[PDB]
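The following structure: kanamycin with Aminoglycoside 3'-phosphotransferase AphA1-IAB.
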Amino acid sequence: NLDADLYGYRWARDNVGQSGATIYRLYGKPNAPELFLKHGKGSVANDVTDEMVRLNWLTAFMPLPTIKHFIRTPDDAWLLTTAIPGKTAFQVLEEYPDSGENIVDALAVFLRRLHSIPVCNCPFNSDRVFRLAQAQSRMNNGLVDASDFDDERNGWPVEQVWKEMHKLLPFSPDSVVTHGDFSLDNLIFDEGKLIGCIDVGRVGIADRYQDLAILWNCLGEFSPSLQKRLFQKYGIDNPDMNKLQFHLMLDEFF
Ligand SMILES: NC[C@H]1O[C@H](O[C@H]2[C@H](O)[C@@H](O[C@H]3O[C@H](CO)[C@@H](O)[C@H](N)[C@H]3O)[C@H](N)C[C@@H]2N)[C@H](O)[C@@H](O)[C@@H]1O
Ligand SMILES: COc1cc2ncnc(Nc3cccc(Cl)c3)c2cc1OC
Ligand code: NA
């Protein structure tokens, strides 16, 4: 069982937009750090499982929550991790908009760090063909949230987004180690420093634009100038807009 690690903590049920899994926040225990327990049943358990192995693999390189405990049974996955103290990049942007330049600088450096991890270390695949297949299996089961499409695709039928996506293909792949969901909700700041990332479930090998696109979009809600810096700090001279557009369209399906 699990209980030894759970005496003393009190419980809260977070909703961070998290696909499928129930997230409990464990707190209140003195001399003990906040904890998260992710719980997935049925198919979603696979997803909790995927995150555990990636947390476990990736922490050899980046700063992650540590796996205090994981349980898999035929239909249920439970994942207990330590919390990363701090606020999301998004919150820190909102609260201190005269700090965006250092936050985007920090985000780029960090993303460069992740991507510099040599692929020969990484046992996980998440290239477009993998994701594309996944995206179809969510389209053709009507799980794609058309409500949440980016503005330039607002109210489009899903089967359209799908069709317009394959027009940009093909592009030259480049392969690095990617986060999978490099959004402003998933990087944790504290005392001005970037100190860790969360939500590592889609981590694997893919085109860098998988991470660059998603973050660049999030900074769309603040300043086109902030978006520019992201690419500028990272060191790309001319953003591959085709690639950007493809990855943003692929995220629509998840
Ligand atoms: N559905 C489940 C997913 O929900 C969010 O992802 C969605 C984005 O948020 C959407 O975009 C909107 O939100 C962005 C800021 O987050 C804005 O910049 C943008 N203009 C907005 O249209 C985008 N179209 C699809 C993407 N799947 C979570 O991050 C992700 O973890 C979670 O799995
Ligand atoms: C303070 O903001 C957060 C910190 C976090 N610190 C650690 N873990 C987080 N979430 C979490 C959710 C599921 C699984 C795991 Cl390992 C972590 C956190 C989520 C947060 O909300 C975005
Ligand atoms: Na680590």
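Chain A is numbered as in the PDB entry; the shown residues are, in order, 18-271. For ligands, and for the atoms within them, numbers begin at 1 and follow the listed sequence. No hydrogens, no waters, no symmetry mates; every other heavy atom, side chains included, goes into these values. Header entry for method reads X-ray crystallography, 2.7 Å.
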Inset, instruction - List all ligands or chains that belong to kanamycin. - result: ligand 1
Inset, instruction - Report all residues and nucleotides of other chains within 4.0 Å of kanamycin (ligand 1) (non-hydrogen atoms). - result: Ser36, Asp165, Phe166, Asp167, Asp198, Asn234, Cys235, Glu238, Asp268, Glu269, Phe271
Legend entry - Other ligands and ions less than 4.0 Å from kanamycin (ligand 1): none
